[PDB]
Amino acid sequence: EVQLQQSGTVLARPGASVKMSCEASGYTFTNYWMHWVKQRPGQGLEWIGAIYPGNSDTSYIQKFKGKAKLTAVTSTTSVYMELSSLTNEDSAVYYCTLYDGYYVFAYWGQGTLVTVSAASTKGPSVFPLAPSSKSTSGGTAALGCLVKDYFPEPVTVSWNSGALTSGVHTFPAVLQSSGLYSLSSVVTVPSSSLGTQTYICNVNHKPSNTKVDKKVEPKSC
Amino acid sequence: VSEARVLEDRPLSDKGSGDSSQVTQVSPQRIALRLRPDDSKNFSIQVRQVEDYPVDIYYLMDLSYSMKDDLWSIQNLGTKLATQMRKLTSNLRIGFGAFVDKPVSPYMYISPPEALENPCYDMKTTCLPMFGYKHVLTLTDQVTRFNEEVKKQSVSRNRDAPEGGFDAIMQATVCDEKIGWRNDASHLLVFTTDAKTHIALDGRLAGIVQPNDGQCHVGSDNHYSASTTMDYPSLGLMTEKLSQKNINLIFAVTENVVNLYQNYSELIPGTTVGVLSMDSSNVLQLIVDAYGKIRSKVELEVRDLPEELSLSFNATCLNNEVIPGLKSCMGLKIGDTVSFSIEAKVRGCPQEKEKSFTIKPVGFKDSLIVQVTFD
Amino acid sequence: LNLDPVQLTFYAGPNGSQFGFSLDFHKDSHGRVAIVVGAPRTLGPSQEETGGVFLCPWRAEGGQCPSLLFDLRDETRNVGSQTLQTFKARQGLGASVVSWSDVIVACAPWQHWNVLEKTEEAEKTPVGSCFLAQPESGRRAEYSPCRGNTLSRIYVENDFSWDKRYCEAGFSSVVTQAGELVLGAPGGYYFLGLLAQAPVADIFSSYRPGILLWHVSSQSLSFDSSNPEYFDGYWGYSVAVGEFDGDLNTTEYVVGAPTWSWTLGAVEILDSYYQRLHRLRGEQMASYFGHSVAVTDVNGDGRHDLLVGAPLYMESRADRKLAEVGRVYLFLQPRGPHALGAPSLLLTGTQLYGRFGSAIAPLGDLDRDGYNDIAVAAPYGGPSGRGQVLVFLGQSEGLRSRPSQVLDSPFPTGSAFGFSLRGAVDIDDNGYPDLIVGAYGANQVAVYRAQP
Amino acid sequence: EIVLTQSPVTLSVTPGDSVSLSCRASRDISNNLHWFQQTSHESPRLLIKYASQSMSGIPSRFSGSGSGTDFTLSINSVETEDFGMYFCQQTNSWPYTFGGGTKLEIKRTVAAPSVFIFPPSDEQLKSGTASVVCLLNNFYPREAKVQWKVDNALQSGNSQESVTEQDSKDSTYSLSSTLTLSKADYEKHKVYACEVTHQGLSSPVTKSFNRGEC
Ligand SMILES: [Ca+2]
Ligand SMILES: [Ca+2]
Ligand SMILES: [Ca+2]
Ligand SMILES: [Ca+2]
Ligand SMILES: [Ca+2]
Ligand SMILES: [Ca+2]
Ligand SMILES: [Mg+2]
């Protein structure tokens, strides 16, 4: 059973370099070419090149000649890809893929995410969204927490320690021009609950060991 | 007077199943033909294609790089082939053989040094080193062996489009003890390919000028030994060997070469052409249709006819189809017994006061041996 | 008719060398005609088969010849970032030999050539090569028109357009009377085939020893094609030169493509610019129509005729359904723009697998009766299968359908007696043109002399 | 290289309907065209190899077809597990290329965006930046065009438009666009309307929502 095991997510900085591995197990390592594919988030898949672990011969896609560099270590049966002169176009998920006896790429690594933001690990500054009490003679009540200027992903937002599992819309983080992420997490709630039960968002940032629980309450009530 | 005395006349059989080697598909089986100088005597032959006659299906597969998808479709062929060929025969033996092309430049990728053990080096994949013809499975009735052997087959890769398929046909035909061709059986050589084929004098592009001698060169390694030192066969030599070994060649070829292999099958008696899919997915029905189509035609052939003797045939096909000048009867089915009114004419009185020739249908060992005596 | 099969002059070469595979006549500056013999399996300097050429002076006894020396060392050159390397192992030097006025063109069709620049390369492949030699002056040259420095991935990008990597230039060769060396390269353009023409003087002047990849200025190559009728046609398997358009100031090339249009076979007439004037199509699939081509005036009307060999042609018989006997097609040139239509005569073999039409030698006026004659070889013909050469005399209406003489192989079986033929030249200078037959399986060359 | 052009770029199909995804190669890649599925719970999964050969363990609703330059991937009854991205891939010539991709959406009935407006809280107002959030909740299709109207003027730039993935039970989207500006640009103006302009909205189509800065 051919299994491809890659390294984990690796944050990087522009102009720097990142080296990701792919432990190949389930087949004779030096015989077969190892192929690398790049997929930018939300875009299609782009072939990078292949590496022959036998003679460490490599052939890239002209788009990646010089940028990506493939090396193999047949002692541990690992292939290493090193991206040089990183830009923001290099922030993608890189897969090592292998073909089977039918020459289709049926075996893929789980993917190595690369991030080239160049921003120090900052904690989230959660801000309440203050559901307007004026928007009462109408639809339901919408309240949320504005988690702004944190790094890196992700931020685990849970409302009232997981009590609010319905109407929770944690939006995907948006990379700002400052290099940090700012996601929002809104909750739709019955307007009759505005004042009865207070809702608290449990913003949990795994890096920086930040766990902040902000209280949301209407304004001019 | 000139007479045609019948020596061996066994009646035609009804079923080819059971105790074989007693299944007579031609009657009579021997005739004594006394001919005074410059005379002519007529005799008749009946050729029935019996039912449930044992079949040998040697699957000769192009294993070039374009056929890596086809190995996914052949992986259960042999069990499906045994199920579909079970209504057509009670004794089925199937074998497998593979060809790519002569493993020599400019057909074989010769550089980099890694492209000799892996011709798919520039495709960034891995295939087998290039072979010309390898025998894989001797014709066996254990049809699961076909699956076991095709699951462990891999393709190779060569440079040019024509393949070394006729080399493989010659070797699968003349290495009859290595292939496993039974004597009392139908010999279906299923030749699958998706490309043009190399013919004689093509090997000169590799430096190979020695003509194909038509001898067996598959050794114990099960590989064609003379692939790199002997030229490709011509249609003449390959047709002669297919006729000598009673082999019905089946061109299972893709639509891009269907016309080429039909124009070839016009020049090779006993051959049919089926349209193969780009992944060999219709090869079971192709083999079944081509077996029904090969047995839908009785074509006579004369072996070792003396020069002083000429023959004229009046094919008595379907009840009222007396077709003069024809030594063939198309549009038949398994079980139909056709007749041929043959007439042997002498041109003088040769020195040999007794000669002998044989008249047999194409693809069968059963023959009419005409012992011709010139008095 | 008057070739003497008794007094035979046998020239011999090294054993296993395929001596006699190709042969021409060489007229010295003094006019003494020698025999150029190619032996593509002669052992080189390291006991590797590299091929060789033997310049056999005419002696009525025959025997062994002195080899004509060429550079047989694999060369390697770094020109910029590229390593250029030629491979002489099994290059087949002498697989075709043609002799112009004082130049002997010896071609090595299966000479390999690679270009290493980086981890990438140009796919070592038989580009071919022709070795030019002035044996009386000692001057040597070379002409490899299909060497390049383009890398494999560039050809994969272009969909293998203008891919001269497998040319095998010098597979067939011919020198026009003006002095242009026309090379057949049946593997050129990814086995479509091409012609390479360059003047011999411009090859000798443009050749620098040590330089591996150069370009003759006056060199002219054929054109690639996307027409699938030309795929794997092996255009350039055989080449000839004649006069087939009336204008006697230009030379017409006669190129055989024996697998043209799905192994049907063709022979195309062209001009010096490779524009197809006429195309003769094969009569039968896989008959190798265009394996050999000869250009002679067999009916004495001044207009060159075309003889095409189809050595694998199958005729109709009774004990054999289709009998591979071989066939030669005669195309008489009529007074007209092209007018070259159906073959005016069909010469067919009689021996099964005799390969009748593998060689067709214009013998010149063998019996000096006004009409040029023709020798067709069945290298495996005759009732014994050892090889025949059949002499067909020209007449007022083409050739004679019956051979005026058959030359049976004086060598054992497998000699391929007749695989190479050469006539029209008078070695012993008795006024009648002689015939030089090459049996490369016997590693010998038989010299038949025409009697008065 | 061999360019594989997929059509359509996106495709909305009701769960249970039939789909036909197309791929068109720059040149002949006979059947060397494979189909990958990627709904982001794993690496790209190969569904159909060599343009008609279903892989082992692939549901029988996926069918491949096509040869030469035109290839098709047919799904009989798209399940909720089939909605994702589908890439055709050629292994005919190196370099091996993929298609642009084809997303499969769920295609429920059009819904109206439940628009909202959030003023910057006092906590964020302490810092020198203020972001107003305009929330479009549970709408379909995703093709909305939100514009910020500051003092009845178009506001180019300073927008995020973070759209959520298509919901699970009721397959609607949800959008949140934020206007990032300093406290100077915040207290400088007084009108912060949010134009929506979604097709799911009746007349007036432009549902410009306001909060009444007080
Ligand atoms: Ca295929
Ligand atoms: Ca080939
Ligand atoms: Ca002219
Ligand atoms: Ca003439
Ligand atoms: Ca004459
Ligand atoms: Ca003479
Ligand atoms: Mg092929």
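Within every chain, numbering begins at 1; the chains are lettered A, B, ... in the order of the sequence lines, protein sequences first and strands thereafter. Per the header of the entry, the method used was electron microscopy, 2.8 Å. All values below come from the heavy atoms of this structure, side chains included, with hydrogens, waters and symmetry mates left out.
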K.L.:
Which macromolecule here is the main partner of chains A and D by heavy-atom contacts, as listed in UniProt?
P.N.:
Integrin beta-3
K.L.:
Which drug molecule is found at chains A and D in this structure?
P.N.:
abciximab
K.L.:
I'd love to know which other chains sit under 4.5 Å from abciximab, counting non-hydrogen atoms.
P.N.:
B, C
K.L.:
If I measure from the heavy atoms of chain A (abciximab), does B/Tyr121 come under 4.5 Å with its side chain, its backbone, both, or neither?
P.N.:
both
K.L.:
Taking side chain as everything from C-beta outward and backbone as N, CA, C, O, which of these in A/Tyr99 sits under 4.5 Å from a heavy atom of chain B? Side chain, backbone, both or neither.
P.N.:
side chain
K.L.:
Help me out - which UniProt domain of chain B has the most residues in contact with abciximab?
P.N.:
vwfa
K.L.:
Which UniProt Ca(2+)-binding residues in chain B are reached by abciximab, meaning they have a heavy atom under 4.5 Å away?
P.N.:
B/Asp69, B/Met278
K.L.:
Quick check on B/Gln153 against chain A (abciximab): is it the side chain, the backbone, both or neither that has a heavy atom closer than 4.5 Å?
P.N.:
neither
K.L.:
Can you figure out which chain of abciximab has the most heavy-atom pairs closer than 4.5 Å to chain B? Thanks!
P.N.:
chain A
K.L.:
What does the PDB entry report as the organism for chain B?
P.N.:
Homo sapiens
K.L.:
Using non-hydrogen atoms and a 4.5 Å limit, figure out which bit of A/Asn31 sits close to chain B: side chain, backbone, both or neither.
P.N.:
backbone
K.L.:
How does the deposit refer to chain C?
P.N.:
Integrin alpha-IIb
K.L.:
Can you tell which part of B/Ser154 gets under 4.5 Å to a heavy atom of chain A (abciximab), answering side chain, backbone, both or neither?
P.N.:
side chain
K.L.:
What part of B/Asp69 gets closer than 4.5 Å to chain A (abciximab), counting heavy atoms only: side chain, backbone, both or neither?
P.N.:
neither
K.L.:
I'd love to know the epitope of abciximab on chain B - heavy atoms, anything under 4.5 Å.
P.N.:
B/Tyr65, B/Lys68, B/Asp69, B/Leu71, B/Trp72, B/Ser73, B/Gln75, B/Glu114, B/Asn118, B/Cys120, B/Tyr121, B/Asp122, B/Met123, B/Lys124, B/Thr125, B/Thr126, B/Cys127, B/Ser154, B/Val155, B/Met278, B/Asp279
K.L.:
Report the residues of abciximab closer than 4.5 Å to chain B, counting non-hydrogen atoms only.
P.N.:
A/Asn31, A/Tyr32, A/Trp33, A/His35, A/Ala50, A/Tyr52, A/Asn55, A/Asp57, A/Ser59, A/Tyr99, A/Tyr102, A/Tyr103, D/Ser30, D/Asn31, D/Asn32, D/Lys49, D/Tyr50, D/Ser52, D/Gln53, D/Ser54, D/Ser67, D/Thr91, D/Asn92, D/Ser93, D/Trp94, D/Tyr96
K.L.:
What label does the PDB record give chain A?
P.N.:
Abciximab, heavy chain
K.L.:
Looking at the PDB entry, what's the name given to chain D?
P.N.:
Abciximab, light chain
